[PDB]
Trainee: 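Please see the structure below; I have some questions.
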Amino acid sequence: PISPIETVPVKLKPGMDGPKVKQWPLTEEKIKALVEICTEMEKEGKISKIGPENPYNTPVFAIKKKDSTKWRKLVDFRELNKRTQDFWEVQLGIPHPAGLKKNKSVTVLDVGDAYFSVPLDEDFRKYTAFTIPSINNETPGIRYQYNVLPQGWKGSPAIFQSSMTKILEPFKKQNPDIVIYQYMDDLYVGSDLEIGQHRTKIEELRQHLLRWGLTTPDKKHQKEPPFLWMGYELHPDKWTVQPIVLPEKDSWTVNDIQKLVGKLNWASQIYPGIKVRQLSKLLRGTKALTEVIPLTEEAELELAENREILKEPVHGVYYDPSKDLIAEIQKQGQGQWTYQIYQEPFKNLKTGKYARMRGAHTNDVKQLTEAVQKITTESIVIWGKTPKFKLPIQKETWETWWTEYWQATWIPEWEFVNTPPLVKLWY
Amino acid sequence: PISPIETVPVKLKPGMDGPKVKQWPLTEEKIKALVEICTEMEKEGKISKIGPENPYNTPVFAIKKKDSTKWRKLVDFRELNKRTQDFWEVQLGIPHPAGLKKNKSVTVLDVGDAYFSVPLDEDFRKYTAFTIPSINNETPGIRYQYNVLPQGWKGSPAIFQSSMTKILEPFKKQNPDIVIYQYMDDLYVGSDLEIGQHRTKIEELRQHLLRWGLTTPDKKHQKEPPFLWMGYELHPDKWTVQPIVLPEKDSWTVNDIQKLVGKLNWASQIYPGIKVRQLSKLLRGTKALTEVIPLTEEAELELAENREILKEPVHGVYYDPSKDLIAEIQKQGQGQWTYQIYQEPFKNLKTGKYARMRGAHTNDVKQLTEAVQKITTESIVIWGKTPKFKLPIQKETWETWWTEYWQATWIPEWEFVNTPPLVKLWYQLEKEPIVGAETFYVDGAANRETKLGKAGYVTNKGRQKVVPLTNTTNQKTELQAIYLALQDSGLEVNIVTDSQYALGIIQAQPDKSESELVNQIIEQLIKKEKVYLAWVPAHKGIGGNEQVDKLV
Ligand SMILES: Cc1cc(C#N)cc(C)c1Oc1nc(Nc2ccc(C#N)cc2)nc(N)c1Br
């Protein structure tokens, strides 16, 4: 009942103006997808065509979700978000369930659909301007602007929150043990139930939303068993700590102890438990690398004490909502990729290792871009928000492919990094 | 005539009003020049004589451009253009000829007074107010206001295009085959219908525009192949660049050299082989607009060879959505690479080069991928797809490379091209140490102040050496030392440093570097049969290097 015609006065933050981000160019494949997608949207009246009194423009890509047929237009409202929604991380913000990271299972459902009902502030519409490009500019971009809550723009959830709470009301009644956290376009439903039990609580809700006003595609695809894995289920309860493990050997050469010395040294901004002064000196002479050095020591009481202190998780690390999370990833080989989420250098909040294959059909990008997605999700569960990536790939290369295997409706923020040298020895 | 087109609404930047710049009286020869003109405009509805309180004014100059009888009025909008809201910018993107499909026959029109035929947001005319001087008497507030896209304003270009686009639309629908390209004042129209039919459709579109008030100053089509467009010459199976005349002075200043790289890079779209690293290298911190800069043997030679490549023409062909897109790369030098993309052999669509940014050191495999990437991004723009890459690198050199390389990467499938010089790994480091091979504990330091330093080694066999170094860096020495080692070692060796810095510069396994010293090492590495590099704690944890740190 906002005085304005169902428009919830939306407003960019003070002394801030609309987004003017460039549209990267896409393959003809995608241009075609996007024009088919948008021509409909125009007809369903979700978007309308704009003119030249609109300097504004946010990017847009075409991706393929859980499916492998129909395409999907994914707008990159990152800039528009930073420019509005912070004045909407407050006003109409949505709190975060500390237990969700706790529950046994968590399933994510995509409700980005509801939005297209609720009309957008007629005054703000102008900022959702996106352009569909031409090949070789042999014509000017097709220009459209939203009239409804666009999906992707952190405005929608916020604005729409009311309507949600309401819908979910019944379900939260019957089932009161189950948590439901929304984040942008997804619902994160978690339970203590057993496998198929949980998958029933979900499917009920699924049917609940579905019978009461809103479409709801993915948790999964179908009942057809082909022995796949793209069905999206989650389990906060296990994912935990890190393999900051030292090697277990039989014939220790110098090179072998020499390293052990600096790997254990490295952990001197982390675990206090060791300074290998004693183990270091066990090689003051200038012996040979290939050579062999024995076990009796004044110093081994260290590989002793240390081999265990490195197993007790360090405390003194505290999340901080004000600060931005920063995730790093190292390519480790054999389709293996480690990672750490921190806020303040060497005070790691979470450190894991997404792996896929070793040499199948997968490839370096795809995995990276898959590990990201993983980490991003884990992140949204734990602290209810996406981190900022320092990705080990060349800017231009990522910009050409990430679209490819990309699946989520959100885009984290990223930057590209150097040759972490010995930092690669984290696993 | 004028136009029934809807107007695009405009407005001034939030909290800003119209310009109020007064007129600088002048030659009554011009005050009489303008008056004539303005009358011919108002009689055409373009301009509109206004009243008293239209505060706004914008200077109107009148220049009878040299060697021409008529005069052309000129209004200076700078002020309004600062008060006008920003627009969706006029496609800055220019298509690349290599991406233009075909069309047996093309016509180019010339929507000139075009902008003067498109309506101007009513409520926005006020600010177009301008005045022409009263000969000093009767105080003429001879005031005229614009009712169209003033040939100078900010939103003029964009709004024209929009307005034009909306226009074509109808015509476009009755001839889904005729493709038309609009840009500035041109309108390129092309058909697959013999000159007979085709001309019908041009004459046709012609009047169509005219009913929209758009008058095309061409009884026939003033088209004159080749087309002199955006620095290119357009032909019926060939496209190339316009005359690229490369200067030759006894003295070159920064802006001299710049304009040169420019003409070079542009020429590189089709003149295979154009190099430019050395030249541009000259322009460094070269923020001295006019400061003579002596060329280098390097620069002159490149410049030379460039003159050599230019002396004989080269055409580029158009495009076939039907055939394939293939791009090949070949190495031509100092970390310089050149390429060309084609659908059929010995003709090209376009060509191009590639060198590394001021980035410390590189490597052949890394660099070639870097080229492939550039070609890929470019191909998606021009053609909207990725070409088939034929590359001079054995697939095993690249896997052993990408695989062990610490950084993500994905190059579509290519195809080996025996045409040497091949791209190979000049060497590899033993991942695992070397038994029997001597072990050198290498080191080098310098007083961060006195600018002095020394490099030297210590071995398992008891051999040692220290070499004096002056004017160096705690850095150039850490490498110095590694290098000293590789020098005295034998066919096989195990070096060990306290420099993650040095460690990592070699670790990357470069083959080319700006740093002569590294190149120095890169040399030696070649010779070694087996080389193993290791990094113990730089300082503190003082293991075996505990003894090279002191006497170095
Ligand atoms: C002629 C032209 C120029 C510019 C711009 N700028 C832009 C476009 C979209 C054009 O149409 C096309 N012209 C040609 N070749 C061509 C044919 C004849 C002549 C002549 N005479 C010149 C070029 N091939 C196409 N696929 C297209 Br589409």
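Heads up: chain A is whatever sequence line comes first, chain B the next one, etc. Residues 1-427, in that order, are what chain A shows, numbered as in the PDB entry. Numbers in chain B track the PDB entry; the residues on display, in order, are 1-552. Read the numbers this way: they start at 1 and go in the same order the structure lists the ligands and their atoms.
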Trainee: According to the PDB entry, what is the name of the macromolecule sharing the most 4.5 Å contacts with ligand 1?
Mentor: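 With more contacts than any other chain, that's Reverse Transcriptase.
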Trainee: Which of etravirine, soraprazan, prednisone would you find at ligand 1?
Mentor: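 Of etravirine, soraprazan, prednisone, it's etravirine.
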Trainee: Can you tell me which other chains reach within 4.0 Å of etravirine (ligand 1)? Heavy atoms only, strictly under.
Mentor: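 Heavy-atom contacts under 4.0 Å involve B.
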Trainee: Which nucleotides or residues of neighbouring chains are within 4.0 Å of etravirine (ligand 1) (non-hydrogen atoms)?
Mentor: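 Heavy-atom neighbours of etravirine (ligand 1): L100(B), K101(B), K102(B), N103(B), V106(B), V179(B), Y181(B), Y188(B), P225(B), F227(B), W229(B), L234(B), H235(B), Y318(B).
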